[PDB]
Asker: 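Here's what I've got: avibactam (bound form), bound to Beta-lactamase.
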Amino acid sequence: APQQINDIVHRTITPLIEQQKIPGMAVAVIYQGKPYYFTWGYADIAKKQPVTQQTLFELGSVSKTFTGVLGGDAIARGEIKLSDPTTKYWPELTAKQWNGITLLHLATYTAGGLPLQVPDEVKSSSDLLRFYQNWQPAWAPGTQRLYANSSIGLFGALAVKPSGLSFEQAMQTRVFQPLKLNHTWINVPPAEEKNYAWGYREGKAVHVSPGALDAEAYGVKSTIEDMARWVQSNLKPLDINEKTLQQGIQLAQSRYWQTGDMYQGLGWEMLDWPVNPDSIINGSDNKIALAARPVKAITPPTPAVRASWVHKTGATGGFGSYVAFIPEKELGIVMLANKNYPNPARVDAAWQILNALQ
Ligand SMILES: *C(=O)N1C[C@H](NOS(=O)(=O)O)CC[C@H]1C(N)=O
Ligand SMILES: [Cl-]
Ligand SMILES: [Zn+2]
Ligand SMILES: [Zn+2]
């Protein structure tokens, strides 16, 4: 890697690891469109297995970027429209509060206060129907953004229904395979478990537990190499030869809602570049990111703006991830760690690196 990249990565990430007690970390810096990889520490502390470029990390809510793009691909196939009512795809959702709630609202957390999590008691399809049937919105649809796995999770599950495929099969064949993300998994196969890092929470080794709509909202695992390729794909959608996937990537970076200086895409979130670093750093704190905030609709949605900071945070019990990229500059970063450490520290480090290389 260029000396400037090696230097800023050492000076930024090694102290981050020191400050946050991260056991293992992988970083990809995409500079002039090319990834440069960095690893530290251990995927499995007790076995002393190092992090490598083949180590699988839990992406947590970064998974939503895949869901958003798969939904975009379905839009480009004509299979769904974001204006479609939820009930078009789930007619058994008969309760009246669902009148007026569209796929757009589900995808962008604006349905009116769907909760952050699907309750852990939801174990069956009938449990899931009961949950959504009995949910009472706090707000009218399209007025407040409240980040919610139960919102985009349902979007993902319904967006694939016209295809006749399961969510996992649709994702495999429509996103992972065309992009040659061959070490990216919703369910890690047995032959790949040797690569699956342990997450660490209070010193204990942990993996994310199964939950309703987990694949859609927080359940993807991937390597630093595949995540760099995902960033490249989102930086350069015209290099994707499958037209519906090219367009799906572009649609996931359209701007559907604005609140403050932030814009909601499908999975991805965006700000105009150059960005105020304190905005993205402070806005990543859970106390803000997960708070209800009024939104202004953008109609029509702004087509993907190249001069944007595009990004997504994610966490599981034992992992912390961050992705950010700037299409205009063909610059990006992926940060995968097997400890969940505070978002603002991740975003700060990412902006120190990309700011240095712009
Ligand atoms: C995604 O990682 N999840 C949903 C929500 N995301 O907010 S974050 O991206 O700013 O970390 C909270 C964390 C996590 C979860 N526990 O479901
Ligand atoms: Cl130093
Ligand atoms: Zn040093
Ligand atoms: Zn392999």
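Here chain A follows the PDB entry for its numbers: 4-361, in order, are the residues you see. Header lists the method as X-ray crystallography, 1.5 Å. Basis for what follows: all heavy atoms, side chains included, without hydrogens, waters or symmetry-related copies. For ligands, and for the atoms within them, numbers begin at 1 and follow the listed sequence.
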Asker: Give every ligand number or chain letter for avibactam (bound form).
Answerer: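 Copies included, the answer is ligand 1.
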Asker: In avibactam (bound form, ligand 1), which numbered atoms sit nearer than 4.0 Å to a non-hydrogen atom of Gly317?
Answerer: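 So the atoms of avibactam (bound form, ligand 1) that pass are 2 (O), 9 (O).
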Asker: Any atoms of avibactam (bound form, ligand 1) less than 4.0 Å from a non-hydrogen atom of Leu293? List them with their elements.
Answerer: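 Taking each heavy atom of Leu293 in turn, avibactam (bound form, ligand 1) has 7 (O) under 4.0 Å.
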Asker: For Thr316, take its heavy atoms, then give the atoms of avibactam (bound form, ligand 1) lying under 4.0 Å from any of them.
Answerer: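 Once the distances to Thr316 are compared, the set is 8 (S), 9 (O), 10 (O).
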Asker: Say whether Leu119, considering both its backbone and side-chain N or O atoms, lies within less than 3.5 Å of an N or O atom on avibactam (bound form, ligand 1).
Answerer: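 Among all N and O atoms of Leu119, none is under 3.5 Å from an N or O of avibactam (bound form, ligand 1).
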Asker: With atoms numbered from 1 as shown, which atoms in avibactam (bound form, ligand 1) lie under 4.0 angstrom from a non-hydrogen atom of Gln120?
Answerer: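 Atoms satisfying the 4.0 Å criterion: 15 (C), 16 (N), 17 (O).
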Asker: Could you tell me whether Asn346 approaches avibactam (bound form, ligand 1) through its side chain, its backbone, both or neither, with non-hydrogen atoms closer than 4.0 Å?
Answerer: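 It is the side chain that touches avibactam (bound form, ligand 1); the backbone stays farther off.
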Asker: Show me which atoms of avibactam (bound form, ligand 1) lie under 4.0 Å from any heavy atom of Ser64.
Answerer: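 So the atoms of avibactam (bound form, ligand 1) that pass are 1 (C), 2 (O), 3 (N), 4 (C), 5 (C), 6 (N), 9 (O), 14 (C).
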Asker: Between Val65 and avibactam (bound form, ligand 1), which part of the residue brings a heavy atom under 4.0 Å of the ligand: side chain, backbone, both or neither?
Answerer: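 Near avibactam (bound form, ligand 1), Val65 shows nothing, with every heavy atom at 4.0 Å or more.
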Asker: Polar pairs, avibactam (bound form, ligand 1) vs protein, N/O only, below 3.5 Å.
Answerer:
residue: avibactam (bound form, ligand 1); atom: 2 (O); partner: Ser64; partner atom: N; Å: 2.7
residue: avibactam (bound form, ligand 1); atom: 2 (O); partner: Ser64; partner atom: OG; Å: 2.3
residue: avibactam (bound form, ligand 1); atom: 2 (O); partner: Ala318; partner atom: N; Å: 2.8
residue: avibactam (bound form, ligand 1); atom: 2 (O); partner: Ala318; partner atom: O; Å: 2.9
residue: avibactam (bound form, ligand 1); atom: 3 (N); partner: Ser64; partner atom: OG; Å: 2.4
residue: avibactam (bound form, ligand 1); atom: 6 (N); partner: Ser64; partner atom: OG; Å: 3.2
residue: avibactam (bound form, ligand 1); atom: 6 (N); partner: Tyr150; partner atom: OH; Å: 3.3
residue: avibactam (bound form, ligand 1); atom: 9 (O); partner: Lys315; partner atom: NZ; Å: 3.2
residue: avibactam (bound form, ligand 1); atom: 9 (O); partner: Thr316; partner atom: O; Å: 2.9
residue: avibactam (bound form, ligand 1); atom: 9 (O); partner: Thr316; partner atom: OG1; Å: 2.6
residue: avibactam (bound form, ligand 1); atom: 10 (O); partner: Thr316; partner atom: OG1; Å: 2.9
residue: avibactam (bound form, ligand 1); atom: 10 (O); partner: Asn346; partner atom: ND2; Å: 3.0
residue: avibactam (bound form, ligand 1); atom: 17 (O); partner: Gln120; partner atom: NE2; Å: 2.9
residue: avibactam (bound form, ligand 1); atom: 17 (O); partner: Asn152; partner atom: ND2; Å: 3.1

